[PDB]
J.: 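What we have here is cyclothiazide in complex with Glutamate receptor 2.
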Amino acid sequence: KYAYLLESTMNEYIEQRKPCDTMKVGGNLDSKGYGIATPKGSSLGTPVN
Amino acid sequence: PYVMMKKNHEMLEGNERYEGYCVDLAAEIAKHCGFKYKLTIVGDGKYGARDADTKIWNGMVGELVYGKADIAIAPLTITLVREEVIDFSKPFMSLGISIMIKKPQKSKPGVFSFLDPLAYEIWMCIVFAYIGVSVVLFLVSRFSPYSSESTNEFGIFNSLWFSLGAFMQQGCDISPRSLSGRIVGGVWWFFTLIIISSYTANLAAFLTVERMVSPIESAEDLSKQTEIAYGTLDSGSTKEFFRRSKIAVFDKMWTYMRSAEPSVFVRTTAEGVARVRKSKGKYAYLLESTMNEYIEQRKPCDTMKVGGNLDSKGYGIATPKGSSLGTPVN
Amino acid sequence: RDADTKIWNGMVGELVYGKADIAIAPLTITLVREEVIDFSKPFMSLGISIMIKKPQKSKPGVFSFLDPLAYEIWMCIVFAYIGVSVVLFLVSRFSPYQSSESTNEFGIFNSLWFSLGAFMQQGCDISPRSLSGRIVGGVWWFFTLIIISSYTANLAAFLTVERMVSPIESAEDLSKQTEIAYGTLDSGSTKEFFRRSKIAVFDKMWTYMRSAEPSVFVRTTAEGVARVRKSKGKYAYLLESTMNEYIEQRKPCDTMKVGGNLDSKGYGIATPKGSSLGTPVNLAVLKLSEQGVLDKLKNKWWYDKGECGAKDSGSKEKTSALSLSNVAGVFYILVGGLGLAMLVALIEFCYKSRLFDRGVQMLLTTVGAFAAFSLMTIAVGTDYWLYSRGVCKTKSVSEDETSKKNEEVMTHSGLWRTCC
Amino acid sequence: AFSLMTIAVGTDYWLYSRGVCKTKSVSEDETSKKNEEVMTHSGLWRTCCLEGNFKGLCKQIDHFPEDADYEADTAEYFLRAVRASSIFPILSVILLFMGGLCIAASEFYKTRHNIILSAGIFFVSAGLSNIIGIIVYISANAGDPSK
Amino acid sequence: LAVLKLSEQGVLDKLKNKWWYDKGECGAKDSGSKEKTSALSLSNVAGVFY
Amino acid sequence: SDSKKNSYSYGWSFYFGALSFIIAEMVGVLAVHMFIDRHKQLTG
Ligand SMILES: NS(=O)(=O)c1cc2c(cc1Cl)N[C@H]([C@H]1C[C@H]3C=C[C@@H]1C3)NS2(=O)=O
Ligand SMILES: NS(=O)(=O)c1cc2c(cc1Cl)N[C@H]([C@H]1C[C@H]3C=C[C@@H]1C3)NS2(=O)=O
Ligand SMILES: N[C@@H](CCC(=O)O)C(=O)O
C-alpha cells in the first residue's frame with residue numbers, strides 16, 4: 001500500500017538484494033547523470049573527460 | 001524530427017522556414033545566452049567522419065573543425081574521436097544503437113479458423129468417406145435379410161445418422177447387429193478415432209502457438225544469420241562504432257558489413273528506412289533509437305524495434321575546440 | 001621427395017632451396033617433412049573422415065497412425081481385447097441356479113462388440129447389467145480411458161515428424177556392409193593410412209578397397225565429391241575433415257560428415273632450418289590459439305562464409321495442418337474395410353440361399369487343449385524368446401577385463417538361459 | 001456418372017500448378033528458366049502450359065521423376081506405381097460401365113431378378129474405387145515442394 | 001621425431017584406444033533423448049494392464 | 001541410440017507363447033458352450 005519515489009540506480013540495487021521483495025515500475029520521470037568532478041583549471045579535466 | 005522544412009517554406013524566409021526539435025532547442029539556448037543565429041544545412045548531408053588515407057573530416061563535424069560554422073544544434077553523437085577535435089556540451093538526449101526491421105504483417109485468424117488443423121483436401125475426403133460408409137452400411141443391412149428387411153433398423157437415412165453419430169463422438173440408439181454390419185461399423189469407429197484425435201491434437205498445437213513474433217530477438221541473432229542484410233548510415237557515428245569495437249559480437253557484424261555486396265551502407269536515414277520497407281524483411285537497419293522511435297510511431301507503421309539498445313550514447317551541442325561560447329552552452 | 005633424384009618439390013622445396021621463408025599453408029606435419037624443415041605447433045587439427053550424401057527427410061509411413069505406441073503395446077492391447085471379451089462372455093453365461101439362460105444378450109459375438117465399442121469410445125447398445133459382468137465392463141473402461149488418452153496425447157506430432165536416417169554412424173558400421181561403397185583418393189596420405197593399418201577394422205576396409213570393381217578410388221578430391229553426389233547415397237568417400245566440413249557448407253548442401261576422425265594429424269606453419277623466424281612463429285601460433293583467434297578464423301571461413309546456412313535454417317520450427325498424405329493409411333484401411341464388408345455379405349448370402357456337431361467340437365477341444373499345452377511347454381522350455389546383443393562364451397563369465405566380449409555379439413536369450 | 005468419370009479421366013485440367021513447361025521439359029539450352037515457374041494445368045497424364053507464349057504444348061508426366069536424390073523406398077514406389085498406371089480411376093470407369101451393362105440388361109432379360117442387385121454392387125464399388133483414386137492422386141502430389 | 005613417428009604408426013592412437021576404452025565399467029548411454037518424439041513404451045503403461 | 005543399438009527382435013518361442021494364448025482362449029470359449037449345451041440336454 002506504499003510506493004516510494006527514488007533514483008533509479010538505487011532502486012535497481014534494492015531490487016537485487018534479499019528479501020527480493022521490491023520492484024521498479026515505470027520509466028524514469030526525469031533524466032539526470034552522475035559525472036566525475038574535477039576542480040576548475042585542473043590539467044586532469046581533459047583526460048578525465 | 002530534429003530539423004524539418006516547414007510546410008510554408010515558400011511563404012516564409014530566414015530562420016522561419018525551418019522547424020523541429022533542434023529549432024526549438026536553438027531558440028531556447030539563444031534566449032538564455034543572448035546571441036542571434038542563422039540556421040543552415042550541411043552541404044553533403046553527412047554527420048561527420050574522417051576520410052581514410054586523406055585524414056579530412058566531412059560533414060557537420062567537418063564544418064566545425066574547419067571554421068565554417070559556429071555551433072551545431074544537431075543530433076550529433078558524443079564519441080571519442082569527435083571529442084578530440086571539437087568540444088561537446090552536456091548531453092541533451094540519451095539514446096543507443098538499435099535495430100529496425102519490417103513488421104511481419106500478421107495473418108488474422110479468419111472466421112473459419114477452426115478448420116485450420118486439417119487441410120482443405122482432407123475435409124473433402126472425410127465427407128467422401130462419410131458418404132461412402134453410410135451407403136455400404138445400407139447395402140449390407142438391407143440385403144435380402146431372410147419379414148426380411150423389417151428386422152434391421154438401418155435404412156439409408158438411419159445409416160447416414162449412425163455414421164454421423166460415430167464421427168461427432170455422440171453415439172446413437174441403433175447399432176449394427178449383422179457380422180458384415182459390425183465390420184463396416186467397426187472400421188468407421190477406427191477411422192473416427194484417428195481423425196478426430198488428430199484434429200484435437202493439432203488444434204492444441206494451433207491454439208498454443210505464440211507466433212513468429214521476431215526472427216531477430218537481439219544483436220547476436222543478426223550475427224548468426226546471413227539471410228538478412230544489415231547496414232548503417234555511411235559517414236555517421238554508428239558506422240564508426242562497429243569499426244572500433246572489440247566486442248566479439250560487434251566484430252562479427254563489422255566483418256559482414258565490410259565485405260558483403262551490394263553495399264549495405266546507406267547515404268541518409270530516409271534511404272535506409274526505405275530499404276527496410278522494400279526488401280520484404282531481408283534488410284535490418286541499425287540506427288539510433290530516438291530516430292527509431294519516431295519512425296515506428298508514424299504511418300505506414302511497418303517498422304519494428306527489436307532488441308535492446310546495443311549501447312548507450314548521447315547527442316550533444318558542439319562548438320569548435322576552444323570556442324568563445326563553449327562554457328555558456330554547457 | 002622424388003624417389004631417385006632426391007630433390008624436394010612443392011612448398012617444402014621452396015623452403016629448403018631458399019626461395020621462400022615461411023609456408024603459411026595447409027601443409028601436413030609429417031615425419032619426413034620435419035627432418036628437413038622445422039614445423040610450428042599445429043594451428044589446426046584434422047583427420048580422416050567419412051563423407052556420405054545427405055539423406056532426404058524420412059517421410060512418415062503409410063501406417064504412421066500407430067507410431068505413438070510401440071508395437072509392444074499394440075500386441076498387448078489385442079491380447080487384452082480378446083481377454084476381456086472371453087471373460088465377459090464366461091461371466092454372463094452360466095446356468096443360473098426355461099428363460100433364465102437367455103437373459104443376458106452377451107454371447108461370444110456380442111461380447112467382442114461390447115469390448116470393441118468401449119475401446120473405440122463409441123457407446124454400445126447393450127450393457128452388462130449384472131454384478132460380475134459390470135466389473136469386467138468397469139475395468140475395461142478404465143483401461144481404455146488411460147490408453148486412449150495416452151495414445152491421442154500427441155498424435156499430430158507423430159504424423160508430422162521427419163528424422164534424418166544415417167545409413168552409417170561410424171567406421172565400424174561401414175565395415176559390416178557392402179551395399180554402400182567406400183572410397184579414398186588414388187594418390188594420397190589417406191590411402192597410405194590403410195596400407196599401414198594393424199587395426200582389424202581398417203585392415204578389413206583395405207582388403208575391400210583393393211579388391212573392388214569398379215574402382216572405389218578417385219583421381220581427385222573434386223571427382224570424389226562428385227561420385228558421392230552422383231551415386232545417390234550408395235557411395236561414401238574418405239577424406240580429411242577440414243575439406244569435409246567445407247564441402248558440407250557449400251551448395252547444393254547435399255553432403256554430410258559422419259563419424260569421428262579415424263586418425264589425428266595437424267597443419268603447421270613451416271620454416272627452414274635455422275631461420276630466426278622459427279621461434280617467434282612458434283610463439284605467435286600459441287598467442288593466437290589462447291586468444292581464440294584461430295577458433296575465430298576457423299568459425300569465420302568454414303561456417304560464417306558458408307553458402308549453406310544450415311544453423312539458422314534448421315533452427316526455425318513450424319506447426320502445420322495435417323495433409324492427406326499424412327493420414328492416407330487410415331483411408332486405405334477404411335476402403336479396405338468396406339470392400340471386406342461387402343465380400344462377407346456376399347458369401348453369407350450365397351451360403352444361405354444354397355453341419356455343426358457336439359461330437360466334432362468335443363474333438364476340437366481335446367486337440368486344442370493339447371495344442372495349447374504343446375505350444376506353451378515348448379515356449380517355456382526352449383530358449384528363443386529374444387534376439388538381442390548379449391554376453392557370449394568369449395568372456396561369458398567376467399574372467400578377465402579389457403576383452404569386451406568381442407565388443408558384443410548377437411545372442412538369442414530365453415526365459416532362463418542366454419545362448420549366443 | 002459414367003460420363004463424368006470418362007470426361008474426368010480423359011481431360012487434363014486436374015491441377016493448376018507452377019509446372020515445368022514444354023521449354024524446360026528437356027533441359028535444351030542454358031537459362032531457359034521455365035519462364036519463372038509458369039502456371040500449368042497438369043492432369044492425370046498430361047501436364048500442359050496455359051496463358052503463355054508456349055501454351056498448347058503437352059508432354060507425359062514423369063511419374064517416376066528422374067535420377068534424383070532418393071533411396072527409393074518401397075512405400076513411395078508402390079504409391080508412384082499406382083498413380084502412374086492410374087489403376088484406381090480406370091477400375092472406376094470399368095466398374096461404372098459394368099453397372100451400365102446390368103442396367104441395360106435389366107428390362108431386357110428380366111425375371112433374372114439379381115441383375116438389379118448386382119448393378120447396385122457395381123455402382124457402390126465404382127464409388128469406392130473413385131475415392132481411393134482421389135486419395136492416391138492427392139498423396140502423389142507431394143513432389144511439388146511447398147516449402 | 002619420436003612423437004611424430006609414434007603418431008604415424010598409430011602407436012599414440014593404439015595406446016589411447018587401449019587405456020581410455022578398455023575399462024567399460026558402465027555403459028553410461030548418455031545420449032538419452034536425441035530424438036524428441038519417443039514412442040510410448042510398455043513399461044510406462046504396464047500398470048494399467050496389471 | 002534411440003532404440004537402435006540393441007535392436008531387440010522376438011523369436012519363434014515368443015510367438016508360440018502368443019499362439020498358446022489365442023488357442024487357450026478359443027478352447028475356453030468352446031468349453032463354456034458345452035456347459036451351456038449340457039444344460040440344454042439336462043433340462044430340455
Ligand atoms: N578449433 S581448431 O581445431 O581449429 C584448433 C586446433 C588447435 C588449436 C586451436 C584451435 Cl582453435 N591449438 C593447438 C595448440 C595448443 C598447443 C598444442 C598444439 C598447439 C600448441 N593446436 S591444435 O590442436 O591444432
Ligand atoms: N587421437 S589422439 O588424440 O590419441 C592423437 C592426437 C594427436 C596425434 C595422434 C593421436 Cl593418436 N598426433 C598429432 C601430431 C602429428 C602431427 C600433427 C600434429 C602433431 C604433429 N598430435 S594430436 O593431434 O594431438
Ligand atoms: N547520431 C548519429 C546519426 C548517424 C548514424 O546513426 O550513423 C551521428 O550523428 O553520427
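So that the names make sense, note that chain A is the first sequence line, chain B the second, and so on, each numbered from 1. Only a selected region of the deposited structure appears here, and contacts were counted within that region alone. When a ligand or atom number is given, it counts from 1 through the structure's own listing order. Only heavy atoms go into these numbers, but all of them, side chains included; no hydrogens, no water, no symmetry mates.
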J.: Specify every chain or ligand assigned to cyclothiazide.
T.: ligands 1 and 2
J.: At a 4.0 Å heavy-atom threshold, what other chains are in contact with cyclothiazide (ligand 1)?
T.: C
J.: Help me understand the model: what, if anything, forms a covalent bond with cyclothiazide (ligand 1), by residue and atom?
T.: none
J.: Give the numbers, counted from the N terminus per UniProt, of the transmembrane segments of chain C with a heavy atom under 4.0 Å from cyclothiazide (ligand 1).
T.: none
